[PDB]
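Residue numbers start from 1 in every chain, and the chains themselves are labelled A, B, ... in the order their sequence lines are given, proteins ahead of strands. Counting starts at 1 for both ligands and their atoms, in listed order. For this deposited structure, the header notes the method as X-ray crystallography, 3.8 Å. Excerpt of entry shown; contacts counted in excerpt.
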Amino acid sequence: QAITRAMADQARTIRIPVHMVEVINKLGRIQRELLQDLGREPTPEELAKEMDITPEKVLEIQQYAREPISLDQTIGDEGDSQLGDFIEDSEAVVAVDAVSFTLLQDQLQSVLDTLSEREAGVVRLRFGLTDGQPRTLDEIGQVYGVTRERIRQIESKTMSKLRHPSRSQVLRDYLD
Amino acid sequence: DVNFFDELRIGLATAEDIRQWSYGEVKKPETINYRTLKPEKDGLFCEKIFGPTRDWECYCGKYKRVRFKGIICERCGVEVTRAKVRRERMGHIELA
Amino acid sequence: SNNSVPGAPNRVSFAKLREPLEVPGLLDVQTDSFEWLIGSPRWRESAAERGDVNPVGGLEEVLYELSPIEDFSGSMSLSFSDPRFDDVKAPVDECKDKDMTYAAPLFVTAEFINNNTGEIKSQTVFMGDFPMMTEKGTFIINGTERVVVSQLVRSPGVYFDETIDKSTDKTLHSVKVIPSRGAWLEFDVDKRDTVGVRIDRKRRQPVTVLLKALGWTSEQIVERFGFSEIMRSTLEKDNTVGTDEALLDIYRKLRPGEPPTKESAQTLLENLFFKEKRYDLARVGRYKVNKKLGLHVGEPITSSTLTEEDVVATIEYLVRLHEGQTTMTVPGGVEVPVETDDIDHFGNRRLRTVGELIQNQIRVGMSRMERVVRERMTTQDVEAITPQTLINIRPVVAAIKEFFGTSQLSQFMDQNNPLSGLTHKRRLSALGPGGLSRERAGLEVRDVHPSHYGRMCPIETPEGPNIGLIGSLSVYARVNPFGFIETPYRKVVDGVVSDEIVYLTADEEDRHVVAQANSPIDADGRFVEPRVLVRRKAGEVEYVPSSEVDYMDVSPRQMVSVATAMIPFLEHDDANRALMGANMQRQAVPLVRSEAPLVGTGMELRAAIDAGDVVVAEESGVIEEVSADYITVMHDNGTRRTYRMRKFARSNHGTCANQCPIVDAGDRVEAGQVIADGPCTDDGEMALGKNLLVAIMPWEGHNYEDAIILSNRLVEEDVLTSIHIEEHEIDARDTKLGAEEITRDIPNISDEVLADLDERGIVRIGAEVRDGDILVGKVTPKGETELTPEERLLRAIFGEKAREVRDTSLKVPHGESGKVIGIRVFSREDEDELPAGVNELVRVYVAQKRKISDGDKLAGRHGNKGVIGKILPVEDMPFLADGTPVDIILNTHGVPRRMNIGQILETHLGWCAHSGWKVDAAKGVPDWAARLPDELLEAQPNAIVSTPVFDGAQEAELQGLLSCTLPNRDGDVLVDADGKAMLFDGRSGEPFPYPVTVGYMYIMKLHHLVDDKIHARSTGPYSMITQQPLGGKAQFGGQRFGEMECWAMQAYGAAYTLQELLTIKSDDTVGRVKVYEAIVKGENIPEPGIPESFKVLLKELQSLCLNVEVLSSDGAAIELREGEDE
Amino acid sequence: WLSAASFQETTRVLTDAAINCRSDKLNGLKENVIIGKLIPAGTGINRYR
Amino acid sequence: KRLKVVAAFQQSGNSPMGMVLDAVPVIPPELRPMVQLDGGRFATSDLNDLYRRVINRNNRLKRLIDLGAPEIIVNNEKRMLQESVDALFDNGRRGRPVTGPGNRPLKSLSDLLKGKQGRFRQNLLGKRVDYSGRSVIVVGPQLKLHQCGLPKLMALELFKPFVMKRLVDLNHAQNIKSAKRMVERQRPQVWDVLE
DNA sequence: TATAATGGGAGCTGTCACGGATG
DNA sequence: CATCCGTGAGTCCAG
Ligand SMILES: CO[C@H]1/C=C/O[C@@]2(C)Oc3c(C)c(O)c4c(O)c(c(/C=N/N5CCN(C)CC5)c(O)c4c3C2=O)NC(=O)/C(C)=C\C=C\[C@H](C)[C@H](O)[C@@H](C)[C@@H](O)[C@@H](C)[C@H](OC(C)=O)[C@@H]1C
Ligand SMILES: [Zn+2]
């Protein structure tokens, strides 16, 4: 009891709960039972009906049973070629795409200018340029020294003013 | 981050040096979860110990914005900095 | 004619009449073996005709070694018999298509015997799906054609070595007993005249210690080994005496740490060397030891184990060979030659084919399930035990699956051209499990041994670090049922050559005396001269009277392999260039249409047919209907067979396997005839290249250092043009954010880019594709992360809401291009069985019609390689008198250094073959053309000829044939008797000052084309750990600037260049990004930072309990973009 | 100990260097290339730099 | 010989106690990465199974001590723990190596530094570089000594961010993002730009 | 998780040249 | 001067 429990709990490099192991073992059991019965490895549709009657899960189970492989392991022909040397760091930052973002900042800096100080005010407020957060509009008008929510009034006084650098298409390029 | 430093010294590491390095003791052999595919707590990839998987994204998800910087969420104790830290943050194991 | 057997085009042969025996089934090395494994009908008959008494199949053997399986009680007994297959689960073509393994299910009959209850339950058990071999001698594992290479191993047995002492300078004799599997045992002789033994590499002890341990009296030691003073000196210096004291002594030295009982030392000495469980000489292991000692030589092979008689007879062999004795009779055994054994002799060097390699892996899987069987017996109750409960076949199916998937002997099939595959099947490797490592191999293993004659080629071997370790099997050789390499020899009774032929193994040939194949023979069969050329043991040669001639070689071309024999005038090229020339024919590429060479050696016919990449008729008949799609043949008996043509199929190596029908409708065709041929084949012949008009001269430096110059005719007429197909794949999986879906709708893409797709999202058949374009439009749901506050703003202005689907489409890789010649869609929806998690899987097959270009590698058969330097306009070409431009200009300088003047002789014979000739019969038949067979005294224009290796044309005849060259259509001779011709420089107009050697030569287009070899990268993907650029053209990687490459920088003193390459160009995480910016902004390059890979190091030292600190000038530990905390 | 470790017997070098507390003055070719500094030779010397 | 060791611990206030460990450092996860491949299967470093090996036996030691097991069982675990930490720092050093699947010996910590493929001679003394390429060479008698024929296709990728620059200069492309798309699509303009 | 059950199992085979610790 | 264990044994490419 202690072995089989400690076996199911420790052997997996990625830990699966006890019942999940009970399942896969039942699956391998019913497989070997249907193995000698059909002279062929049984279809997923066949295996499913006998034990859990659900085909989608059996597929899912058979992937759980799949044991991972080592990065440090190599290819047989030459002892220099290890697997990890082929794994592309998907995390790492693309040079051009990050630089292009930087050039997008220089275009919005040429937008904070044509816009007024009131106009370039609510812009960096609800969008959160210097902040990093999008504050609720009923808090933005009250945190700012102009009232009668005239800051929402200035909003529409900008939406069309932004159409001109949009009609200059200098912002149109950076969306595609 | 100036490039010019004069000397590179090597020594025999104290057991106390080991604990001064580490941001926490690994107590579980578990790597990740089998469903969530997330670093399980107090494990080999625990985000409380080594850091966040995604930039400024806290483990429990209570903090998911760049606005919180250097904030230690109370529900899972994960500092919010880049996943760039998981290449520099150490751990340790306390042998009995 | 040469091979007037199948119905082949006439290729006339300069020759001495070769009628010993036709080239054996070249694929029989693979075929015959697998037939023994499964025990096919054709094998049992083949065992009968060979007169093999009581044949046992490869699978039959494993079951008998196994059967029966009993527990310690003897209560239970499980046993297997009668293995049988069903029909194959799916046809070969379907397996290649659906990526499933070509196999037929194996069944066995198993019964559970019980001695207590006396009852027996017997039933049939399923053993799994068994990988079957094709007709072409290949396996198909998961839809990729594979090949099992034969392994050259060290045969089991007892070997004797003579080593010379450094100090005493006396001859010391050592023995080593090698089991198929088990413990070690080596008797050696000191300089102290005292015999010693090392068991499994334990310390040395006196050998008498072992004799008194066996039970032999101290008096019998004096009797048997008394004739020497070195054994009397051994029994005298003997430490202790007594049967008990010896066993204890041996035990104490074998396994220290364990309590020595008189009953525990007697036992393991029995088990380590005399039990089938721990120790085992194979059938060869028994047979080889016996021959060496000459006992039970007549008695059939029943013993699989070592005996005491073997031990004693071995030591007797050691002592006699030490004191100078030359021969010895073992008491109860026939007389045996006594000497030291060469481990590299092909009588001691063994060849294990496909059958044994699979059998061994089968044996591994059986002993595993046997462990489970013996566990499942003690568990369950006796009454409810069936074989179905005891048997777990899961380890068996995993042992055979793993082998074909992992082992260094299940190889991707070399599928450049039909020859490339053929040579892959006949390879002999020393590498692989059970064999030796590449470092472990010294220089003796690799060089050419005398016993290689007729068995393994001495020319065909890799140039690289693998040299000598891999070879090709010879043409006429075959493998005997014991894993050794036989070879055919003609039998000479008494100076008279008989057509009776016997195959001899290596050591069997050593006891005999063989005559070279070209020794002159009477029309009856008697020798001409008394003293003839004779081959003898130890590669030694001497003249010997014809009374003593035992056998003679079958053919002059007996020593060579299949690829080697296809090199005209081989005997004129030094081994080095000849070597490459054999390794390079394998590298040729199939061209749009192929021509048979003007010059051949006769090996071009049988090679193409045996390759199995042409279409051969099974039964005679008449072509009832022919299409480009298929040929239908009407047999004489009334039945109809139809052969489907392979059309534009992608090989393993991207070359184009395309079969075209040869026969026209209504043609009468006989059985075994080539009715349709494939890639690199012209009328059922190996056509690896094209016949080109050569010109041997330096031309304006463009051909300097082995470069080549081409005529544009070869590009305008597709003479050197090939088709290359690629296979692009992509699938739609289930993700955590939903599931990937293949659609025509891709985010932020015009209808101009999507124009070449259909409504599905797939490219349309016949459309053309360039790199970067879209093949299969697939989108995936992207993680709902807070989008950029700077892009949120950008989406409010233009009012365009963001989609949650990111582009994950299959675009064409850099460098690829061509036409889309077919789509293969698999849907989980349409019940197509996919792996768990996949929905739609698409394959797109793009073909490129590549013309030849600069940088492409051309090569002749004589190791004369070289890349295309310049393709001149057709008019620039140095041309002959009649205005015909030459095709290829080879540099003169690169001929007399390489010793391959065979390329020249081919050119001479190449012109003769193209122009034709006619010997002068007036005033009789000339004295030079006196050995010339009648058929060659007159030749047509564009005639094909044979020049068999170590035979064929002689330099006398060739000089003469240059004189006979027929004039062109304008009634003018073009070349002289020197083989040269006057040329006009196509550029200046003036004729060249000196006659230039001109003629035809067979050039091959190797698979080293620039389109594949060219590569470059600005920025791209980076390594995960080291953060350095990835590696390989396939990964869009950068070049490596190695340790050697840095030394060159340092020597120069270019510190900044060097620094840049190792910093901002490589793994400076922040640096590379900022260098990109400074370049596109036209600014200055920034000062490099800290290599992220150096940062990695300090974390790797730290993790090893090495307190490493970086200190500033003051003495304080500084931070490396990181901090410390507890 | 950096130049030595990148040469041969890397494990032997480090065990010794750790014990002897050997401080490395990064003033050499081998030493400098590893850390990414300008090599103390050619254009890298302060005379020209 | 003995002094050469003992005098070294004398001089620097570098205690010999360090040769015995009470706590073992754990290397950062991204340096012992665990990655999911396109085949669904996961790929992990060898270190993760060696670290896993230590903690499993180290924690089993904790349970055994706490239960008050006999010394025979407790001592066994300690030996196991010893070999575990050993095989982590240097595998194969003492006794037979720790095998994973395929009887393959696992890479240890020190195995990351040793010899050719090690972190020193493979990743520091020689690196891979950006802005670089490779191709077949061919004689060019037409060239002067200081010249070379660099393939048009090659140069465009080498000088890619150099050309994007001049594309947005001469107004062929409105921005840097489009300029990339003109080079990738290999529009006829760029060949005039590259020269 | 109550019939009784009590000490493992594959080795791995063809190097080579050298210094340092031991003889 | 001779044994036993540990450490060396060309580079780049593809794969
Ligand atoms: C699974 O087997 C692998 C090795 C195991 O390991 C190992 C130790 O045992 C090997 C055996 C038993 C071999 O018989 C062999 C071999 O015959 C060979 C090369 C040549 N190796 N070079 C290759 C790279 N290169 C720049 C340097 C050296 C090998 O390395 C090996 C080889 C080994 O290396 N070649 C030749 O003899 C001749 C002269 C030309 C080659 C023909 C083509 C090209 C190949 O056959 C292609 C079609 C593939 O089939 C192989 C590539 C296999 O790859 C796969 C996955 O299928 C590979 C043999
Ligand atoms: Zn949280």
Enquirer: Specify the drug or drug candidate modeled at ligand 1.
Expert: rifampicin
Enquirer: Name the macromolecule with the most heavy-atom contacts to rifampicin in this structure, as the PDB entry names it.
Expert: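 The chief chain, as the PDB entry names it, is DNA-directed RNA polymerase subunit beta.
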Enquirer: Under a 4.0 Å cut-off, which other chains come into heavy-atom contact with rifampicin?
Expert: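 Other chains with a heavy atom that close: A, C, G.
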